[PDB]
Visitor: 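Consider the structure of Macrophage migration inhibitory factor with furosemide bound.
Labels below follow one simple rule: chain letters A, B, ... track the order of the sequence lines, proteins then strands, and each chain is numbered from 1. Worth knowing before you read on, the calculation uses all heavy atoms, side chains too, and leaves out hydrogens, waters and symmetry mates. Just follow the structure's listing: the first ligand is 1, and inside any ligand the first atom is 1.
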Amino acid sequence: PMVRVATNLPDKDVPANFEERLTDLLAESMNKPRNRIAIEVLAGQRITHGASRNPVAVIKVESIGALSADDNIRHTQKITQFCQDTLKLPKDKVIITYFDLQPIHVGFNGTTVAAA
Amino acid sequence: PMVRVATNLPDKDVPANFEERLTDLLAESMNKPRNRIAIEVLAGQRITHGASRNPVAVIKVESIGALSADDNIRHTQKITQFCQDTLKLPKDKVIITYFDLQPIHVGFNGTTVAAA
Amino acid sequence: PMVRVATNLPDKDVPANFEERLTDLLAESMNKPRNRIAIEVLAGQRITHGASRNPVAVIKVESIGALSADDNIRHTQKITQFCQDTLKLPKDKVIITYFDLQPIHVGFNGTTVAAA
Ligand SMILES: NS(=O)(=O)c1cc(C(=O)O)c(NCc2ccco2)cc1Cl
Ligand SMILES: NS(=O)(=O)c1cc(C(=O)O)c(NCc2ccco2)cc1Cl
Ligand SMILES: NS(=O)(=O)c1cc(C(=O)O)c(NCc2ccco2)cc1Cl
Ligand SMILES: [Zn+2]
Ligand SMILES: [Zn+2]
Ligand SMILES: [Zn+2]
Ligand SMILES: [Zn+2]
Ligand SMILES: [Zn+2]
Ligand SMILES: [Zn+2]
């Protein structure tokens, strides 16, 4: 899984253990090994929602599978509660997009996943 | 809609009202509510186009629908004109990718849009 | 092609010719014109892989075709080698996602590529 979390909260408000904790959360919920999860964090960024600059996170989650309709309900509930607990965001200021990828469209260790 | 606008123009050159005006523009062009529109702006960034560092914008627009072939002609005309007016970019310096999402792949308010 | 290279390596460590040389690399690999290749470089960013902050690059490659299964093996080999050479990254610290776009989802010069 490859996750990007962007927020307009400052970098000092996104704790240093955020990526590690999010890596544990997605490992368990997506059944993926920790060494196949990458997390990008972009804090202090300009972001609006409804043109408001109130605190918000916009997250992208890519994975090869593990993204059925029902799995995404569960990942959304978990990531949303996690951002509430760690970033203090309201439950309605966490916007997530999922991308279910084929292994032909992922490169790792110098070739595609499909070709590994 | 979840929109990301990246530019090599300095942050001081993307006016504070950019997100507001672009929110209004996309609400009208996509027939989407203002409170379902998020805009990320990333200025001051390293970007090249044909390896040139001349001013350019690279924009991603995600939406659940409202992205037909015909719709996308209208969004591109409107966004490209808006970047020309506000950022002074040439008409051939605004690069846009559209992602038409299913509602099972968007998380908002703690569950998927499909499950809401 | 529209390529995003994010890395936790500092900006001073990503050479000023990085984008020139990647633009040549992608033009030859994908058989796409140099003036249809944009690259975004986001260095100095928070990234973990397996929760490690060791040096890593997370890259997204979007293209109107040229991303067959076999094509993606070649692009992964070349881009991974290229990051080993220029950024001093290990082979297993280069994570790539490919997105194969329809021309109705790409806006350039004020209209879609499909409608050019
Ligand atoms: N190991 S796997 O086939 O389940 C696998 C699964 C995935 C996946 O994203 O599901 C993947 N994504 C790219 C990546 C992220 C971090 C390191 O490589 C790579 C691999 Cl090898
Ligand atoms: N209201 S809606 O069902 O048309 C809707 C539609 C969309 C959409 O993107 O089309 C959407 N994207 C996620 C989001 C962006 C900003 C706040 O939530 C969310 C919702 Cl709830
Ligand atoms: N020339 S083309 O039809 O093969 C073409 C191909 C692509 C493509 O991405 O394959 C494309 N992407 C948008 C873009 C990137 C840089 C400048 O415009 C645009 C065009 Cl016009
Ligand atoms: Zn920091
Ligand atoms: Zn599942
Ligand atoms: Zn600013
Ligand atoms: Zn307004
Ligand atoms: Zn620099
Ligand atoms: Zn060259």
Visitor: Which entities in the file belong to furosemide, all copies counted?
Guide: ligands 1, 2 and 3
Visitor: In this structure, which other chains have a heavy atom at a distance under 4.0 Å from furosemide (ligand 1)?
Guide: A, C
Visitor: What residues sit within 4.0 Å of furosemide (ligand 1), counting only heavy atoms?
Guide: A:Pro1, A:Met2, A:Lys32, A:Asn35, A:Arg36, A:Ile37, A:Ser63, A:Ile64, A:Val106, A:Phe108, A:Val113, C:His49, C:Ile95
Visitor: For atom 2 (S) of furosemide (ligand 1), decide whether some protein heavy-atom distance is shorter than 4.0 Å.
Guide: no
Visitor: Quick check: A:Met2 and furosemide (ligand 1), any N/O pair under 3.5 Å apart?
Guide: no
Visitor: Please list, in number order, the atoms of furosemide (ligand 1) under 4.0 Å from a heavy atom of A:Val106.
Guide: 12 (N), 13 (C)
Visitor: Which residue supplies the protein heavy atom nearest to atom 7 (C) of furosemide (ligand 1), what is that atom called, and how far is it?
Guide: A:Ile64 CD1, 3.7 Å
Visitor: Measure the distance from atom 15 (C) of furosemide (ligand 1) to every protein heavy atom, then report the residue, atom name and distance (to 0.1 Å) of the closest one.
Guide: A:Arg36 O, 3.4 Å
Visitor: Does any N or O of furosemide (ligand 1) fall below 3.5 Å from an N or O anywhere on A:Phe108, backbone included?
Guide: no
Visitor: Which residue holds the protein heavy atom closest to atom 19 (C) of furosemide (ligand 1), what is that atom called, and what is the gap in Å?
Guide: A:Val113 CG2, 3.7 Å
Visitor: Specify the protein heavy atom at minimum distance from atom 9 (O) of furosemide (ligand 1): its residue, its atom name, and the distance to 0.1 Å.
Guide: A:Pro1 N, 2.8 Å
Visitor: For atom 14 (C) of furosemide (ligand 1), what is the nearest protein heavy atom, given as residue, atom name and distance?
Guide: C:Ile95 CG2, 3.7 Å
Visitor: Run the numbers for me: atoms of furosemide (ligand 1), each under 4.0 Å from some heavy atom of A:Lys32, listed by number.
Guide: 6 (C), 8 (C), 10 (O)
